[PDB]
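Triclosan bound to Enoyl-[acyl-carrier-protein] reductase [NADH] FabI.
The chain called A is the first sequence line; B is the second; the pattern continues. Since chain A takes its numbers from the PDB entry, the residues it shows come out as 2-258. The residues of chain B that appear here are 2-258 by the PDB entry count, in order. Sequence positions for chain C are given in the PDB entry numbering; the residues included correspond to 2-258, in order. Heads up, chain D uses the PDB entry numbers, so what you see runs 2-258. Side chains are part of it too, since the values below use all heavy atoms of this structure and drop only hydrogens, waters and symmetry mates. Whatever order the structure lists them in is the order used to number ligands and atoms, beginning at 1.
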There are 4 protein chains.
Amino acid sequence: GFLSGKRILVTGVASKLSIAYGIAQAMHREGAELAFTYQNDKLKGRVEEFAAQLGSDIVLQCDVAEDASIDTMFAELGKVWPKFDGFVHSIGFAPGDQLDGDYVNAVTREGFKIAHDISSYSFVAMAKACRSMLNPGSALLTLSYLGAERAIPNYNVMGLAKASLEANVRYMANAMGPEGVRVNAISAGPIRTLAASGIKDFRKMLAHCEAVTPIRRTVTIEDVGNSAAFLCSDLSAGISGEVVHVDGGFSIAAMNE
Amino acid sequence: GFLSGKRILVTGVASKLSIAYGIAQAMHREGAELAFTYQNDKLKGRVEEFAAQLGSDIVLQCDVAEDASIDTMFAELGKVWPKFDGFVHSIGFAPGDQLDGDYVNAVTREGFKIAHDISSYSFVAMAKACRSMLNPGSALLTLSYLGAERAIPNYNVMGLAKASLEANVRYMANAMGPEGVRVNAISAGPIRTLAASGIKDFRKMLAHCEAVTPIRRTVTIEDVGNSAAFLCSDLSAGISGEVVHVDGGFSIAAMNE
Amino acid sequence: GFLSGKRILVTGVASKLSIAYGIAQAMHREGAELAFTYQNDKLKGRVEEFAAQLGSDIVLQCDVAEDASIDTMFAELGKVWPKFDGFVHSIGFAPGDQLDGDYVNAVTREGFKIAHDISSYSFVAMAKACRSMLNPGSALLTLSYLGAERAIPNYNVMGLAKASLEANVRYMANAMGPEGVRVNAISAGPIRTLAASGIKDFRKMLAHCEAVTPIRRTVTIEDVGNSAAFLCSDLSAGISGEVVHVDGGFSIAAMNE
Amino acid sequence: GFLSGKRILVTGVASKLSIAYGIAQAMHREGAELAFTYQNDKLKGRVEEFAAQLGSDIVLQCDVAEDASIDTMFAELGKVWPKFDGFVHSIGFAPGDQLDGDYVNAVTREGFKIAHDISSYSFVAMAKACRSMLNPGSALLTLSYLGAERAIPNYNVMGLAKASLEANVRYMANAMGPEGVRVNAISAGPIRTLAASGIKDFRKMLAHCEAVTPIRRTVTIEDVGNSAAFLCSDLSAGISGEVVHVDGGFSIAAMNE
Ligand SMILES: NC(=O)c1ccc[n+]([C@@H]2O[C@H](COP(=O)([O-])OP(=O)(O)OC[C@H]3O[C@@H](n4cnc5c(N)ncnc54)[C@H](O)[C@@H]3O)[C@@H](O)[C@H]2O)c1
Ligand SMILES: NC(=O)c1ccc[n+]([C@@H]2O[C@H](COP(=O)([O-])OP(=O)(O)OC[C@H]3O[C@@H](n4cnc5c(N)ncnc54)[C@H](O)[C@@H]3O)[C@@H](O)[C@H]2O)c1
Ligand SMILES: NC(=O)c1ccc[n+]([C@@H]2O[C@H](COP(=O)([O-])OP(=O)(O)OC[C@H]3O[C@@H](n4cnc5c(N)ncnc54)[C@H](O)[C@@H]3O)[C@@H](O)[C@H]2O)c1
Ligand SMILES: NC(=O)c1ccc[n+]([C@@H]2O[C@H](COP(=O)([O-])OP(=O)(O)OC[C@H]3O[C@@H](n4cnc5c(N)ncnc54)[C@H](O)[C@@H]3O)[C@@H](O)[C@H]2O)c1
Ligand SMILES: Oc1cc(Cl)ccc1Oc1ccc(Cl)cc1Cl
Ligand SMILES: Oc1cc(Cl)ccc1Oc1ccc(Cl)cc1Cl
Ligand SMILES: Oc1cc(Cl)ccc1Oc1ccc(Cl)cc1Cl
Ligand SMILES: Oc1cc(Cl)ccc1Oc1ccc(Cl)cc1Cl
């Protein structure tokens, strides 16, 4: 495939519904050698199966909430992979209470901090921890959401976190560009996952989205997976600091009433 | 003036170079009744001085780094201003080490945290606290910067914080609109302030914008002042959750070579 | 008023519902000396009436569809206003057939042409003609619409014309800045004007924005009027080549469901 | 390849330097069946060789300046291809005089009209002429430039034309989406071509661009070709109405002084 000869790390695989699973399948199909990470123990088994299925025996625990965890993970990886070609950042979190009802009422200093820390800093934290291991032509990918561009009901603080994320890409793209490291982000529409079961009245969100979307259908972890694969391949050598919207063109329309 | 009868709380005045000083200046001119806060005891005296110059004697202290400091301040304000028409958020901060050299090499979890806390969270924090005190037709206003839109050397983390800031404006604007609260932001061009001091090659940064800026000059606190007075008046009763660029059209140009 | 001593040429007044009528209204209030043009003989009388109401007797004719009509008008203006401080461009047009149904099925080379000519080109056309007549500190201003930023049903071609318009503002702003000419645009929310009449389900379009708009109401010509007066005054001497959205923050929201 | 089983039309092949040549090579390599069009006779031979090299014997004359030419071209094509999967729009023109020196001075009603007609309308004109021939999952691609977003010296009117182009994509994406037709555009940085020899002081443009670009190098017709191939393949089924910047991240940086 067009990913043949690429060693890529994939974070965030929690279920077969995970956007990361979609990205992995695609990259694997496209010839990429993979590695996986799992947040905690309660996902060791699950992630270990997916990896096996994807022909990968590199599965490591790590928690972005802790530097050490990030440092240790890249420590083990360096044993099998002293040098790879980027990783996929499919990480984001926010205390439930924060994602329901009035934003001004919901938001808290703690919640605000946690959301930005995991959903944003986590990205540069990893890059920072593996800067010297990256090969020339390497690529970093991260997932975002329209919430970073507009005020969406209930998304609340995740919105600010995503806005911070998206700027991180521009700041990361500019800094590592000279070394030959591209940094981009995919803005995917709403998908069928576990975390969304987290956001309030998510399911109506979807329905509206698929009725009013140009392509008239919501995006799959497949649509997102392929764009991701391409974005991490040399095929996109010319693109960096970009946030391509993979939401079947939902954000560019208005009043499709 | 078109600000007559209005009661506005101004924050961020640290010196005569302060942007807020320019804002308070214009606002007072257009006839609004002002209130001033000051971060700490080191600043108290001077703010009290400017306060007097502007016919004000309401000079409360407030360190947005603390929720106790914010509640107590608004509790003190309610004593004389049981109700008021908004406030100008002119605060921003990040450890010095953060604004120098490689963004990825310079950034840290702690720095990222503080920048986002003092610079982004504080805005809503202040809103949350005074929500009930705001009259219909009230207007909140904060200051941002291009760093939010594009990767600017040395600006680093502050850029992410501003991105989060600007998202905040939109989320705040959408939540309080129905109650009659407008929220906007002014993305200002650089101005030699005490803060600018900490920023590397700022003096050089100012020089580049000047020659390449459409209006062939950098903006003044007077420029920002007049705009904030407008954005904070009933004259802009149709503008909300907007980020108006007051940088003499620097951002809309390219390769002015 | 903050417009005192200023001499502004206002175009586009067709009725009391006209946005320009709102602009002229506010401008006159803030004390600017006005000049009015009228497209044709069908309109002459009414414009002359409004002109009188606003202490003006300078009512020239101008059909931006012709370069001869533009030169002659400014030639007529120079008679009494050898020098002035800018003009408000409030013109837009496109064959009716263009604003109904499938954009691709509705569009035509001729329609595309006329929309772009009357709506986009005319702005610079008028600038080219009065360039030498503008005092330093002058300000040009045009009206645009969201259609420029996102595909809005039925708006069709006008959207492309507005996109070109907004680009014009930026290119015009960068070219005249050095001479001291500021150029900006107001992207206004819908308002029931004679023109709106031609637009399908506009009445329905207004209803959607109202309920989903942050400030829970659509803007008024008064709203636009106050903003244009500002953008056309020395108060905004730091804003150029900018497109300030005066739509009550409708555009910065999403799924207000 | 990932384009296997796709019939695609490629317009704008004038030289081996042409961006279109780059897109063709890539698509061919990726398994796509191709067709070519040439503006006039003076390019019949050249384009006929490239096509042969690319294993294509479908080469037709056509001129977007004329509907009939567009109608006739799709007439012949329909004989061999009664149904294909999109076409590549690599068309744009503007009278030289328009692309040099002061924009306000340079721009003319004629020049303005011609630029928009060929550089913008040409796109929907073709789509309009081949709507019924397109298969489900088809994709339309068009090339744009940062000039559509910022005021670049000398680009002048091409800027407005590109801005109109980019809106056309959103309006075209929204209208044909429901039929299963994606419409996107690639915003490529400056490249080594014939038309650029057209724009004034183009070569300094480049140099600045490659010195200040994150990836620290200008994009090739290869980088642009691959992104184009991907954009026209099912791999990007989730993306539409998008304008991905293929300029090595130049637009997202600032003051890389
Ligand atoms: N779900 C959607 O519709 C949608 C749309 C756009 C963007 N996104 C974004 O795409 C990414 C993927 O999310 P998803 O929808 O696949 O959800 P998911 O629950 O399947 O994946 C989220 C993952 O984050 C990981 N994670 C959370 N906190 C962590 C921490 N402290 N340390 C280490 N790992 C941690 C979890 O282990 C989990 O695998 C997120 O950034 C999400 O916001 C989702
Ligand atoms: N200076 C420029 O060129 C420029 C350009 C765009 C935006 N801005 C923004 O303008 C705003 C005002 O900054 P300035 O340039 O006037 O500098 P300044 O140094 O005059 O103002 C900074 C202020 O922040 C206050 N502050 C810091 N930490 C605080 C805390 N924890 N609690 C309470 N108050 C605290 C200080 O007391 C001080 O008054 C900032 O938000 C900055 O990002 C400045
Ligand atoms: N109405 C809205 O809700 C809304 C929202 C955003 C922007 N706008 C814009 O506001 C501007 C003013 O329109 P309006 O809503 O006030 O409608 P209107 O019908 O009151 O104004 C249109 C004007 O265009 C003038 N005009 C048309 N063709 C002309 C030509 N060839 N030469 C000279 N003058 C010509 C007419 O004489 C008329 O005064 C337009 O640019 C429109 O796109 C309107
Ligand atoms: N050259 C760059 O650096 C750059 C950067 C961004 C975008 N672009 C754009 O990419 C596209 C490709 O241009 P290029 O750089 O390959 O130049 P080019 O001269 O190689 O290609 C332009 C083509 O337009 C065709 N054309 C012009 N007028 C026509 C008409 N009336 N009818 C039919 N065909 C016509 C010509 O025949 C020619 O093949 C253009 O839209 C250009 O603006 C170029
Ligand atoms: O960002 C998302 C956007 C959408 Cl539409 C759906 C799911 C998303 O993902 C999350 C949402 C909230 C939290 Cl707390 C964590 C994650 Cl991963
Ligand atoms: O945001 C700014 C942008 C510019 Cl051009 C100049 C000064 C700015 O303001 C700051 C920069 C750094 C820190 Cl620590 C604090 C502040 Cl207030
Ligand atoms: O641009 C507009 C946007 C809106 Cl919401 C309402 C009216 C508008 O204005 C026009 C629409 C069509 C034509 Cl033919 C002429 C004009 Cl002035
Ligand atoms: O759009 C372009 C942008 C760049 Cl940087 C280089 C070349 C470009 O292409 C053109 C420029 C002017 C004309 Cl008249 C025609 C074309 Cl095809």
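The parts of the structure that belong to triclosan are ligands 5, 6, 7 and 8. Other chains within a heavy-atom distance below 4.0 Å of triclosan (ligand 6) are, by letter, B. Counting atoms of triclosan (ligand 6) from 1 in the listed order, those under 4.0 Å from a heavy atom of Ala95(B) are 14 (Cl). With a cut-off of 4.0 Å on heavy-atom distance, the UniProt-listed substrate-binding residues of chain B close to triclosan (ligand 6) are: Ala95(B).
According to the entry, the source organism of chain B is Escherichia coli. Taking every non-hydrogen atom of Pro191(B) and a distance limit under 4.0 Å, the qualifying atoms of triclosan (ligand 6) come out as 5 (Cl). When heavy-atom distances to triclosan (ligand 6) are checked against a 4.0 Å cut-off, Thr194(B) has no atom that comes that close, whether in backbone or side chain.
Looking at the UniProt NAD(+)-binding residues of chain B, I find a heavy atom under 4.0 Å from triclosan (ligand 6) for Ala196(B). Of all protein heavy atoms, the one lying nearest to atom 3 (C) of triclosan (ligand 6) is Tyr156(B) CE1, 3.6 Å. Here the heavy atom of the protein found nearest to atom 17 (Cl) of triclosan (ligand 6) is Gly93(B) O, 3.5 Å. Taking only non-hydrogen atoms into account, the UniProt active-site residue of chain B lying closest to triclosan (ligand 6), to the nearest 1 Å, is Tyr156(B), 3 Å. Close N/O approach between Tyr146(B) and triclosan (ligand 6) is not found [any backbone or side-chain N/O within under 3.5 Å]. Here the protein heavy atom with the shortest distance to atom 6 (C) of triclosan (ligand 6) is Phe203(B) CE1, 3.6 Å. Contacts with triclosan (ligand 6) closer than 4.0 Å are made by side-chain heavy atoms of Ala196(B) only, the backbone lying farther away. Protein heavy atom nearest atom 11 (C) of triclosan (ligand 6), with residue, atom name and distance: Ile200(B) CD1, 3.8 Å. The binding-site residues for triclosan (ligand 6) (non-hydrogen atoms, 4.0 Å) are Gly93(B), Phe94(B), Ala95(B), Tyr146(B), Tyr156(B), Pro191(B), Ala196(B), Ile200(B), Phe203(B).
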